[PDB]
Structures are given as structure tokens and as C-alpha cells.
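What follows is a model of Macrolide 2'-phosphotransferase carrying bound oleandomycin.
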Amino acid sequence: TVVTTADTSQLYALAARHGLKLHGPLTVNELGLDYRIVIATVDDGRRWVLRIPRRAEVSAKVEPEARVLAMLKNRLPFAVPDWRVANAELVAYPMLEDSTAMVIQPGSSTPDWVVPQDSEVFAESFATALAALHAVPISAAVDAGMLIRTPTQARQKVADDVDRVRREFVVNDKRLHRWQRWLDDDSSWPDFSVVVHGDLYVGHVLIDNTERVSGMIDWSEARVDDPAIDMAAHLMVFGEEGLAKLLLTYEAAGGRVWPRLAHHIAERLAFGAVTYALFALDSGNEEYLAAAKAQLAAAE
Ligand SMILES: CO[C@H]1C[C@H](O[C@H]2[C@H](C)[C@@H](O[C@@H]3O[C@H](C)C[C@H](N(C)C)[C@H]3O)[C@@H](C)C[C@]3(CO3)C(=O)[C@H](C)[C@@H](O)[C@@H](C)[C@@H](C)OC(=O)[C@@H]2C)O[C@@H](C)[C@@H]1O
Ligand SMILES: Nc1nc2c(ncn2[C@@H]2O[C@H](COP(=O)(O)OP(=O)(O)O)[C@@H](O)[C@H]2O)c(=O)[nH]1
Ligand SMILES: [N+]
Ligand SMILES: [N+]
Ligand SMILES: [N+]
Ligand SMILES: [N+]
């Protein structure tokens, strides 16, 4: 006998209650604070991804995300998870086998690999994939019951997140002034909203062998909101030079821009500290809280 992290008996039973017969190799990730993620082989010879909600509050998010993915399936020139199982105890989809555009071993803080900066195919295809996403009609989002934020609601959300952080944490004075200046800087904010992925960075982008964008995963934050939400992580990973490339191609591909968009993206990236801190707070995890407080108190 060998102790293994996965409880195969329980996993089999859970999957079989929803029409999936597990058989063969699997792999498990318990790092997630909200889901257990298992990649398992099924009797169709295929790997499937099991997204297992940990708690009732997480389960409640399954049905609205299912509606999002159902709408998005035909409206994107790349793959998204096909939630053939979607219920409160289990989400399951056939694995999109293409690699993520960042590879990182579970538990590690350092990736093994990130698609290279000088990958022209990745840069170009990510820019056109993003333009396609942001071109999904708002009417389709509304019909799918998505969370919708007008430009005013988008700005208010940011203000509310900042204010929650200010109530709960002690924040570096220059940071606070930075966020407030941004919130007051009318020229920075867009006068429209788009369908956004909401958690978009190289870790949630899939690429084929040639490094062409072939899919996106983890759509749990998707909504109609500020387009720049989906560009801040590109700036973080690929820098200003990469952002500049992104924005030229994005616009050429029909993505709607505005004059201070690059500025706004950098301000959105700074605002990541708020997002992180609220994630830390809402999780109650002490290591995440320690990191968040340290960051918030630190000069940028
Ligand atoms: C654009 O701004 C980003 C910038 C940066 O975005 C992150 C990212 C993706 C965050 O994940 C996101 O964290 C939020 C709180 C929740 C979110 N989803 C679960 C919902 C999750 O994906 C991380 C904090 C994940 C985390 C904690 O394990 C790490 O510390 C890991 C080691 C992380 O540094 C690396 C993998 C680097 C290479 O990733 C990048 O920097 C991207 C750009 O951190 C975010 C807070 C900002 O929103
Ligand atoms: N290549 C690939 N990896 C996947 C797929 N689904 C999940 N993953 C991996 O599983 C990890 C975490 O899964 P995810 O759905 O993000 O869990 P969450 O972050 O808790 O919402 C991802 O970051 C991927 O590495 C998929 O279809 N294809
Ligand atoms: N606005
Ligand atoms: N969600
Ligand atoms: N969520
Ligand atoms: N969302």
C-alpha cells in the first residue's frame, strides 16, 4: 500500500454521480482556497478536469459561470472549458490539452517557464484573441445573466474596493494618494465597458505548440466591465514594451481604445495591491494577509 494525496474512492463516486467514469491516471491540486482541482483520466481515454467546489458559497457561483461559458462557446475563436458537468458538488470538463502560457509547479512561487517576450506569435495572437473577447456583444452578456458594470459602475467598484481596504488595513500614504488621484482623473477612465475575462494572465491562457493562443481557462471573474482589467497582467509580465505591442495590434484588430488607455492599464496594475489585499482578507489565510499588509504599507 502507498499513501496518496488523492482519495480515489471518493473522487470516483463523485464523478460517477454525474455521468463520468474515472479510470486511469490522475493528478490533484489542493492549493486552491475555493476549489479542489483534479485532472483525471476517464473511460473515454480522455483527461477531464474536475473542479470541486469546497463550500456552499463557492458552489453558488457554478450556475452563473455555466451560463457565461455557454454563451461564450461559439462567440470566441479559441476554446473555453466545456462544462459538460456543472452542478454544486462538481464541475467537469474535458481537459483542453494545450499548455498554459506559464508553467508553474503547484506550491512554487517561481514558474518553470513563461512564453517568451520575443514570441511574436504569442504576442500577436493574444492581442487578437483579446480583441475578439472584448467584441462579444453586451446584449449577449445581458441575455446570459452576467454581471454588468457601466463605466460609472466600473469606477465605483474600484472606489468601493479601495475604501474597503482603507477600512481594514493601514495603507502607505503615497499609495492611497495614487489611487485617489486615479479615481479622480477623468481622462484615464473609459467611456464604455466590454465583456472581460477578469482574471486574465499567462497562467489562464492556453497556447498550441507554436505558441499561438488556442484557449483561455478560469472564467470565474468574467463580467462586463473596464477593458483594461484584461491588460494589466500583460503589462506586469511583458513590460511596457510588450504593452505597446499589445495595444497597437489590439486596435488594428478592431479593439476599441482611448487615448489614456496605456496610462490606465498601469494604474489598474497598481490597483492589483487592493485586489490582493481583499482576496487575503476574504480568505482569512494568514500568509496571504501578512503579504498583503506588508505590500500595502510599503512604498511603491
Ligand atoms: C492585474 O493585476 C493582478 C496582478 C497580479 O497577478 C498575478 C496573479 C494572476 C495573482 O493571482 C490572482 O490573485 C488574485 C488575488 C486572485 C486571482 N484569482 C484567483 C481570482 C488570482 O489569479 C497572484 C497573486 C497569484 C499568486 C498568489 O498566488 C502568486 O503570488 C504567484 C506566485 C504569482 O506571483 C505568479 C504566478 C506571477 C507570475 O503572476 C503574476 O504576477 C500575475 C499577473 O496579482 C493580482 C492580485 C492582480 O489582480
Ligand atoms: N492546460 C490546461 N490546464 C488546466 C485546464 N484546466 C485547469 N488547468 C490547470 O489547473 C490550474 C488551476 O485550475 P483553475 O480552474 O485555475 O482553478 P482555480 O484557479 O481555483 O479557479 C490552472 O491554472 C491550470 O494550470 C485545462 O483545460 N487545460
Ligand atoms: N467613468
Ligand atoms: N464567479
Ligand atoms: N468568484
Ligand atoms: N464575475
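In this chain, numbering begins with 1 at the start of the sequence shown. In what follows, every heavy atom counts, from backbone to side chain, and hydrogens, waters and symmetry copies are set aside. Start at 1 and go down the list; that is how both ligands and their atoms are numbered.
To find every copy of oleandomycin, look at ligand 1.
Within 4.0 Å of oleandomycin, judged by non-hydrogen atoms, the site holds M102, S109, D199, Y201, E221, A232, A233, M236, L269, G272, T275, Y276, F279. Looking only at heavy atoms of the protein, atom 39 (O) of oleandomycin is closest to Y201 CE1, 4.0 Å. Per-atom contact check: atom 17 (C) of oleandomycin touches the protein, criterion being a heavy-atom distance below 4.0 Å.
Under a 4.0 Å criterion applied to the non-hydrogen atoms of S109, oleandomycin contributes the atoms 32 (C). For atom 22 (O) of oleandomycin, a protein non-hydrogen atom is found at a distance below 4.0 Å. Taking a distance limit of 4.0 Å, we find that atom 33 (C) of oleandomycin is approached by no protein heavy atom. Atom 1 (C) of oleandomycin has its closest protein heavy atom at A232 CB, 3.4 Å. Protein heavy atom in closest approach to atom 13 (O) of oleandomycin: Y276 CD1, 4.9 Å.
Of the protein's heavy atoms, none falls inside 4.0 Å of atom 29 (C) of oleandomycin. In this structure, atom 10 (C) of oleandomycin is not in close contact with the protein, since no protein heavy atom lies within 4.0 Å of it. Counting only heavy atoms, the protein gets under 4.0 Å from atom 41 (O) of oleandomycin.
Close approach of oleandomycin to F279 is summarised as follows: ligand atoms under 4.0 Å from at least one heavy atom of the residue are 15 (C), 16 (C). Shown here, atom 45 (C) of oleandomycin is out of close reach of the protein: none of its heavy atoms lies under 4.0 Å off.
Every atom of oleandomycin is numbered from 1 in the order shown, and the set under 4.0 Å from a heavy atom of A233 is 1 (C), 43 (C).
Counting only heavy atoms of the protein, atom 2 (O) of oleandomycin lies nearest to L269 CD1, 4.0 Å. By the 3.5 Å distance cut-off applied to N or O atoms, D199 is counted among the residues near oleandomycin. Inside a 4.0 Å radius of atom 37 (C) of oleandomycin there is not any protein heavy atom.
Looking at atom 6 (O) of oleandomycin, its nearest protein heavy atom turns out to be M236 SD, 4.7 Å.
For atom 47 (C) of oleandomycin, the closest non-hydrogen atom of the protein is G272 CA, 4.0 Å.
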Would you tabulate the polar-atom pairs, meaning N/O of oleandomycin against N/O of the protein, with distances under 3.5 Å, reported to 0.1 Å?
| from | atom 1 | to | atom 2 | distance (Å) |
| --- | --- | --- | --- | --- |
| oleandomycin | 18 (N) | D199 | OD2 | 2.8 |
| oleandomycin | 22 (O) | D199 | OD1 | 2.7 |
| oleandomycin | 22 (O) | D199 | OD2 | 3.2 |

